[PDB]
Student: 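Dumping the structure here so I can ask a few things about it.
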Amino acid sequence: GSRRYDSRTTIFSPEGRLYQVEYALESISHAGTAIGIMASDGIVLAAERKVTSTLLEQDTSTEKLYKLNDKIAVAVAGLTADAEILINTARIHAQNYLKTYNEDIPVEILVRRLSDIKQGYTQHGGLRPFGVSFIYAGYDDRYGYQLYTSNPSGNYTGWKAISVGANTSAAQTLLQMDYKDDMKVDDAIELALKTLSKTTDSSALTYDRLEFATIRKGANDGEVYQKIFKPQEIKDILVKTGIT
Amino acid sequence: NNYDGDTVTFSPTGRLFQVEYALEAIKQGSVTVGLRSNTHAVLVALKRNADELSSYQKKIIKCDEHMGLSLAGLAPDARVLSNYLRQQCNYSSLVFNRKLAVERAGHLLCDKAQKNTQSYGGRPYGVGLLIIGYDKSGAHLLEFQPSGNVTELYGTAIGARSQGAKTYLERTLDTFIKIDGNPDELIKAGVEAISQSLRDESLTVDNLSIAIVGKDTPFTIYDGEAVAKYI
Amino acid sequence: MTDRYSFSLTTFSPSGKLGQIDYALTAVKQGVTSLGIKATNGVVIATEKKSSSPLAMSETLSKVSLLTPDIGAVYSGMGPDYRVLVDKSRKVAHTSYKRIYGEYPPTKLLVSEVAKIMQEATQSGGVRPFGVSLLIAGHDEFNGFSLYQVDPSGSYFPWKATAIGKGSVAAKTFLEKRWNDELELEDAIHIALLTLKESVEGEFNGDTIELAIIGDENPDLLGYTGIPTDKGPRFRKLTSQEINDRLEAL
Amino acid sequence: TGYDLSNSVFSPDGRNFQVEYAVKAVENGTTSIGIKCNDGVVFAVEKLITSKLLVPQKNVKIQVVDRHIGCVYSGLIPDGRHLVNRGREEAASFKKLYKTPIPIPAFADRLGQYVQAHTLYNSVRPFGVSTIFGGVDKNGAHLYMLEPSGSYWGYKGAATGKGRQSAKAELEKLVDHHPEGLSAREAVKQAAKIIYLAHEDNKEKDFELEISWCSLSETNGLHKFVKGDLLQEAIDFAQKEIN
Amino acid sequence: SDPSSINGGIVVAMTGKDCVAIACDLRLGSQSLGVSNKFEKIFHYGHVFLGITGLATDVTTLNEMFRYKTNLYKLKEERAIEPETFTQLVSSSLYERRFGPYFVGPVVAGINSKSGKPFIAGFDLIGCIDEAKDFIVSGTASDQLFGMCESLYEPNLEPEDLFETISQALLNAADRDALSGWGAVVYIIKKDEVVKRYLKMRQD
Amino acid sequence: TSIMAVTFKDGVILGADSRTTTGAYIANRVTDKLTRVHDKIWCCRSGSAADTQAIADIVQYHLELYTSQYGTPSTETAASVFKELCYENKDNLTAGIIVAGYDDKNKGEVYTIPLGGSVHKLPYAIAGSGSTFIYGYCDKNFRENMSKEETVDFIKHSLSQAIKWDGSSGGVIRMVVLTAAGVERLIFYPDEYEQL
Amino acid sequence: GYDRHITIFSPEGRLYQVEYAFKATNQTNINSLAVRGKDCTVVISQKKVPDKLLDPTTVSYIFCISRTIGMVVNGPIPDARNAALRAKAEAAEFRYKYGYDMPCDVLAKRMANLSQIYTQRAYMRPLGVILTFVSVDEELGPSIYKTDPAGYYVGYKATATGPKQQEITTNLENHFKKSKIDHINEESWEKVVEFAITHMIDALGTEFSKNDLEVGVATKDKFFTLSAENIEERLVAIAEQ
Amino acid sequence: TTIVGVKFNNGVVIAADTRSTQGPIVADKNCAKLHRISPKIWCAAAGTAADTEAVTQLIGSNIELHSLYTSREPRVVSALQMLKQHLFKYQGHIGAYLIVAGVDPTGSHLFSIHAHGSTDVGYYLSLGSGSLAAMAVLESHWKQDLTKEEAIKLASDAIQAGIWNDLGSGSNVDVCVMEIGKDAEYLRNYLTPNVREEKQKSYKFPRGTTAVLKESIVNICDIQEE
Ligand SMILES: *[B]([O])([O])[C]([C][C]([C])[C])[N]C(=O)[C]([C]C1=[C][C]=[C][C]=[C]1)[N]C(=O)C1=[C]N=[C][C]=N1
Ligand SMILES: *[B]([O])([O])[C]([C][C]([C])[C])[N]C(=O)[C]([C]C1=[C][C]=[C][C]=[C]1)[N]C(=O)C1=[C]N=[C][C]=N1
Ligand SMILES: [Cl-]
Ligand SMILES: [Mg+2]
Ligand SMILES: [Mg+2]
Ligand SMILES: [Mg+2]
Ligand SMILES: [Mg+2]
C-alpha cells in the first residue's frame, strides 16, 4: 500500500530530536538575516532581502516584514509562502479576539496561538512542518513593548534583542556586546543596521537589500504607530547612521 | 520473501503469502475432527492446555439451535467469525422465520474472509473452522479455511497431525455414513478418528470435547464427565 | 479504492532543501522561455508557441490566458499544470473576491490566491508541487500596473521586467540593459520581441509567438453599451497580424 | 527494480506486473470453458476431487446472476464469488431502474469496469480469476471472458485455467467444422468432451464434471444446471470419445 | 414579537454639495420600556460610515462583523475600503444569511476618497441595495422619515444647511414614533473633516 | 390541462392542449406540453409545470446516458425511469405524466403515471383536469388498430370537448405522431376544433 | 528509486510513471488516423483479431461518446473503456447542466484535466491511453482533439497515433504541404474515408481487407461507425481507380 | 413590477419599470431591474429584489467561468438551465421571477422563468404585478416580423401600461436591446414621464434653527507619526 512512500515527518530520532524540525531549522539558517531590537520607547525590526536583482520592483515588494494588526508586526526567515499561510491565520486570530472581547489581542496570546499551530505539525497529521521562523514585534497595555521568536518546533521565547536566519551566532554576539537596557529607538535603529552590515554575506549593505520597520509609542497624543520604511526612507537612515 | 509484507501483494508465481502464513497458524493449532451420517453430524475436538494448572481452551462454539462449529488456530478470530454466523443465523430467523441453510452459512463465511485478503490494512483470519448442522436438506459438514475456501464434506479434520484422522475417515467413509439413528456410534467413530492424530498424550476427561446435531437433536456440547462414556 | 496518501510527499532533506520544489524548478528550467516587461502605461507578457507537430493547430493551445478583464498570465514548465491553475485562478477570483466585493480582485491579491494554491501542493498530503512558474501581469485602480512571478514553492515577487524558463539567464541580462522607468507600452513590446528572438531557434513570426498586453481600456471589446463606468477589458491578446507589423520595424 | 511490489505501478515496459502475477494464480486453477451455440450458451468446469470425503454434486462452482446469466471462473475461488456478488448488485440496480433484465454486453462492462478499478490503486489487489460468463438477452446469445486486467471480449468459445491450451485447440476445431452453428444439446455434449480432454493436464487426481446452460429453446432463455439423465448422457459421450 | 420593532430606532442619510450627512436617534427599549438613551446606531470603518437600525443584538453583532472584515480588507489591500465596495460587502454578508437573516436596516454613507463623489446606500434585511442620489431612511419611523425627507430635501445643499435639513427630518419623524427619539446624533461628513453633533430633542 | 396518448396501427399519437394557468389567469396560452425524452419516446405533462419539467429533464438525461452505453431504450424503460422519480419523490411532487413511444419490435406503447407514481400500460390514456369530462366520450369512441387519420380525429374531437368544458384547458391542440416513418408535429387552432 | 513508482518529480524534473504510461499506449500494436473533410471528420484504425475464437464484432477501439462525438483509443482496452464510460457520463452531465451538446474540444479538455490530476495525485495512476476525439462541432466545424497520459491536449488538422505514427504523420504532412489547406477538399464523407484508407495504405505499406479496418465518421448532428460491408464498398472504390 | 420581453427581426428587446415597494411605500423610485448576466444575455427581474440580484449575479459569475473554460461565448439556454435548476432546488423560496433574453452563436432567444423553476418560450412575455396591464397591450399590438423600432415601441408601451394602471409599478422605463451581430445597447431611463413638479415653497432652514448640546471632531485618520 501507501506506507512504502511515507517519510514519517512526526517521529523522534534515537537521540530524541524531531528530524524534520531540525532540517527545517537548517533551511532557515540559509535565509536572509532578520533582527529585532526592543528599546524603552519602541521596537526596531530590520531584515535583509535575499534576491538582489536590479530589475526587482522594491517599493511594491514584501518578503520579510508583515503587518499582523495595528499593534503587532512580524519579520520572517525561511519559506515566504509558508510564512504567508501562517500570517493570514494570525491576522484572523487577532480579529477573532477583537470581535469576542472588544480589545486588541495581547502579543503573547497571538504568538502562543501561532506557535501551537506549528507544534501541531510536529506531533500529528504526517505533514512537513512550516519552514519559518518569526520575530514578533508588538505592543499591548499589559507588558508594553515585547519581542518574541518562534521556530518550526513551535517553541517561542521572549527577547530584548534577537536575530533569526543566517549568521545568528555572529549576530547574537554583536547584539550582546552593544545592547544596553536604557537604550532608545534611534540607538536601536543604529545597532540593528550595524549588526546586519557586519554579518551580511554581501560586499556592502544598501537600501535595495533591506526591509526596515519601527513600532513607536511616539505617535500624536500617546498612541502606537507602525512604520514600514519605504525604500527612500531606508536610504536616508543608512546615510544618517553612516554606513553608506 | 519480498511479497509477504501485506495481504494486498501477489508473489511472482501468483501466491498470497500472508494468507499462507494464516493457513500455517491452523496447522499449529490443536486437532479437531468432523464427520456425519444422513441423520446426525458430529464434532470432536482435542482441547489444549497451557500447563497442568491451566484450563483446556474451548474448541467448540454454538451458532444456533441447529448449527455450530469447532475451531483450530487463533481463538479470537473464531470468536469474531462465530459471532458473525450467530448474527446471520439470527437475521434469517427474525426476518424470514427461516433456519439458515448450512451451505449458505459457508458462503457467508467465505465472502467475509475474502474481503480481508484483497484490501490493505486488514489481515486474513488466522483460524480454520469445521461447521456442522442439520437443516431442511439433512445433515451437513463444512470445512472453512481463511483463504475463503469453504468445502462441504462427509468427514474431515484440521490442526496438528490432522492427516492421521483424515486418512482413517477416508477408509471408514462407507461405514460411518450409514450410522443413522444412532448418535453414540457416530461419536465413537469420531473419537476413534481423532485418536489417529494423537502422539504421547491420550484422551482424558477434561481433554476431550464433543458436539452433536441431528434430526431431533439440537446442537449440544459435551465436556467433562459427560464425555467419560466415550473414553 | 482509498486515498491513503494523507502524508507529505515534499519533505525537508538533511541539508534543508525541499527536494520536490527544487525538482519542480528544474522542470521549469527545461520549459520554453516566457517573459514580462512593465511600461509606464502598460505591461506586456510574451512566449514562444512551441508546436509539438506541424499538423497540430497551435491557435487552439493558448499559453497566454485571461484571468480577469484586467489580469493576464503566461508560464514556463508543464502546460497541463498551468491549464488547471488558470481554471482555479479564474474561479478563485470569483468565489473569494467578486462574489463578496462586487468587483474583480487587484493583481497582487489574485496572485496571492494562486500562490496559496501552489503552496498547498507543496505541503498537503499525497500531491507533488506544480511544475510551473507563472508570470502574472495586471492592472487595478489603486495599485496601477504590475507584474508578478509565482514559483512552485508558492513564493511570489513583483518585477519591473523578468524572464523564466529555458534562456532566462541570458534574457534577464538583456532586459537589465534595455529597461528604464520611462518606457511607453510600444517600447516594451519592441523590447519583448527583441528579447524573445534570442531564445527562439526556428521560425519567428506572429504564428509562432504568443503575446498579450495589459494596457488601455478596450470599450470595443466589451460587447455592450449603456454603462459609463464599465469601460472594457485592459487585457488584450495581440493578433498574428499585429505581431508581424511590429516585426517589420524591428 | 521494485516495479512488481505494488499494484497500479507501470514498469518501464508499460506493464502492471501485479496483474501479470494475478494471471499466474488463474493459470494455476482448474479448467473452465464456455461454448456459444445457436440460441444460447453452455458453461462447464473441472472440479478436482481432492478426497473421497468430498460430497458429490454439492460444492457447486458455476453461479447464476439475475435469472439469465451464468458465470464460471478459474483461479482464486473466493475472488470469483466476490465478483459475482458485485455482478448481482449491478444486475439488480439495472433492473430496478430500467425494468428490463441487464443485457449481456451491458453486464460484461459492469464486471470489466469493476475489475479494472482494482488495477488503479496500490491499496487493492487485482482479481485472481479469469471469468467466463454469458447468457441470452433481447439481441440473442452472448459469451464473454474477463481477465484480471479488466480486459474482456466476446467469444465463440472460451477457456481458462490449467487446461486452457488443450481446450482452446478443441474449441477451434468446433468453430471450423460448424460455421452454420452448433445446437444447444450438441454444445452440452462437446463441453463434456472438452473438460475430459483438458483433464490430461490435471490427470493425477480424478474429477467431477459440472455443466450449465442458457438456451432460448431448451431453457426459455433462463440459466439452468444440467442434471440427471442429460448430464449422464454428456458424461457417456465424453467417456466414449477419450477411449 | 416582530424583531424589527422590539428595540426601536431610526437612521437617515442625505447627500449635499461635496458632502454627506448621516443621523440616528439614541433610544434602546424593550417595547414600551425605555432602557438606554446612549445607544448610538452609527459606526465607522475608516472614512465609510454605517448606520444600523433594527434588532439591537444584530446591530452590535454586525458592527463587530464589519469591523472584523474591514480590518482584514485593509491589511491585505493596503488601503481603506471605499463606500461603493463596502456597500457590496454589506449586501454579500446579509444575503449569505438569506433564510436566517439579521433583523436590521443598514445605511452606508461616505465620500469616495479618489473620485470625491458623495455616496449613500440603504439595504433591506437580506441585502438588496438601494443606492439613492438624494436620501436613505431606515427604522421604525421610516414612513415618517420618507415624508420629511421627500418634502424638506433639495439637492446640492452646503454642509451647514444640510445639517439643518437632516436634523429637522430626524427630529420631527422621531416625535411621531413611540419607539424612536430619546436623543439624536448627526454626522456631517466632508472629504477630510467630519463633525459630530448631539441634538437637543424632547425626552419622551 | 387535457392530455392524451393513443396507440393505433402504425404507432402512437400524443395530444395536448396549450394552456398554463395561475389560478384563473392564463400565464401561457401557447404552451408545449408534449416533450421529447428520446428520439421516439415522448411524454405528455400535466400538474406542476416546474415539477414535470424537472422530471422530464432528468429523464432525458438518464436516457441519453442509457443510449451512450446500451443503445436505444425501450418505451417501458423510459416509463420506469419516470416512475422511479415520481414514486420515490411522491411527497414533494405534483406530476401526472403519460409516456408514449415507438419501437419497431413493440410498435406503439402508452404508459400512464398518475400522482402516486404507479405505472399503467394502456391502449390509450387520458389525464389532466380536463380529462374528467371526456371519460365517457373516449370509452365509447376508442377502437384498437385505428388508422392515422381516425386517431387524429379521435384526439381532436376528445380534446375539443375537454377544452370546451374545462377552464384550465384551452388554446391550440398540439399533437405528435410517432411511427416508423419518423416524428410529425401537428397543430390545430380554435376556429377548426370549436366548430366540431 | 521510489520517484519512479509514483507520480512525483525525479531530480531531472520528470514524471517516470507518466512516461511509462505513454509506452503502455502502444501495447495493442494498432495504428489510428484522423482527418477532416468539408462537412465531416473521419477516423480510421487497424483492427486485429488474432484469435479465431473471438467474436470479431465485439473487438473495437472506437466509441460513440455522444450523438455528435466519437472517440478512438490507442492503448489497452480496460483503460480505453474506463475513459469511454467517463467521457459518456461527462458528455451527458454537460448537456443536462448547461442545456446544449458538449463540444468535442471541451470534452477533450475535461478528460485532459482528469488525466492531469492522475499526474499530480499519488494514489491515482495515469491511464495508459491516448484519446482521439472527433466531431463536426456546431461552432468550430470538423474537429479533431487528442488527449494523452500527461494531461496534454491540442486541436489537429489531421493526426495519427500508434507504433508507426511518425510514418503516417509525415505522409499526411506532405499531402497538406501540397494542397495548402487545413482539410480534405471533398464533398462526401465516403471519399474522405477513401482518402484516409488510401494514405494509411501508402504510409504503412500494407493492403487491407474489410476485416482489417475499423472506421468512424462524424457528420453534422451524428457520429457513426461503418460496418464491414460499408468498408468493403470503400475498398472496392479505392482498387477501381 | 412590470417587465416585458419582445422578439423582433434580428434580436430581442427587454424592458422594465423602475419602482420597488414594501407594502404601500415606494422604497426606490429609480430601481434598476435589467440585469446583465453576460455581455449579450440580459434579464428583467420581478419578485424579491435581493433574490433576483443574487440569482443573476451567481449564474452570471458561473456563466463567465463557463465561457472562459469552453472558449465560447455564453448561450441563453445555459443561463436558463442554470437558473431553473437552482430555483427548483430551493422549491420557490428564492423569490425570483425573470424574463431572460439574449443573442449568442445559436441566434436570438426569449424566455421567462418563475420562482419554482418552470420556464416558458415566447415571442412576447410579461411578468410582475403589472403583467396583466402589459400583456393586454402586447396582445392588442403584437405581430410577427416586428422591426427593431416597432419592438422597442411595443415594449415601452407595455411598461407604460404597467406604470399608469398598476400601483406596484411606476416612474421610468428602462430598455435593453440585443441584436444579432451587434453590441447589446442598455438604455437606462429610456422614458422619463414622471418628473416631480417644482414645489411651492423652499424648506431650507435658517442656520441655528436646530438646538445642539455638544460638538466634536471625529478622528477618521489612522494613528499618526511623531
Ligand atoms: B395543466 O393545467 O395541468 C398544466 C400542465 C403544465 C405542464 C403546464 N398545469 C398548470 O398550468 C399549473 C397549475 C395547475 C392546473 C391544474 C392542475 C394542476 C396544476 N400551472 C403552473 O404550474 C404554473 C403556472 N404559472 C406559472 C408557473 N407554473
Ligand atoms: B417588483 O414589484 O416585482 C419588484 C422587483 C424588484 C426586483 C425591485 N419587487 C419589489 O420591489 C419587492 C416587492 C416585495 C415586497 C415584499 C416582499 C417581497 C417582495 N420589494 C423588495 O424586494 C424590497 C422592498 N424594500 C426594500 C428592499 N427590497
Ligand atoms: Cl475540469
Ligand atoms: Mg418619540
Ligand atoms: Mg415616552
Ligand atoms: Mg377552455
Ligand atoms: Mg499517481
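Below, read A as the first sequence line, B as the second, and so on, with proteins coming before strands; counting in each chain starts at 1. In each ligand, atom 1 is the first atom listed, and ligand 1 is the first ligand listed. Part of the entry, not all of it, is on display, and contacts are counted within that displayed part. All heavy atoms count here, side chains included; hydrogens, waters and symmetry mates do not.
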Student: Name, as UniProt does, the macromolecule that ligand 1 contacts most in this entry.
Tutor: Proteasome subunit beta type-1
Student: Drug at ligand 1 - which one is it?
Tutor: bortezomib (bound form)
Student: Which other chains are in heavy-atom contact (under 4.0 Å) with bortezomib (bound form, ligand 1)?
Tutor: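 Those reaching under 4.0 Å with a heavy atom: F, H.
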Student: Any idea which residues from other chains are within 4.0 Å of bortezomib (bound form, ligand 1), non-hydrogen atoms only?
Tutor: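 With non-hydrogen atoms counted, the site is F:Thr1, F:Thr20, F:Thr21, F:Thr22, F:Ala27, F:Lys33, F:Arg45, F:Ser46, F:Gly47, F:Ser48, F:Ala49, F:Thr52, F:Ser168, H:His114, H:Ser118.
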Student: Is there a covalent bond from bortezomib (bound form, ligand 1) to the polymer, and if so, to which residue and atom?
Tutor: F:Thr1 OG1
Student: Measuring heavy atom to heavy atom, which UniProt active-site residue of chain F lies nearest bortezomib (bound form, ligand 1), and how far away, to 1 Å?
Tutor: F:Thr1, 1 Å
Student: Okay, about chain H - what name does the entry use?
Tutor: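 Entry name: Proteasome subunit beta type-2.
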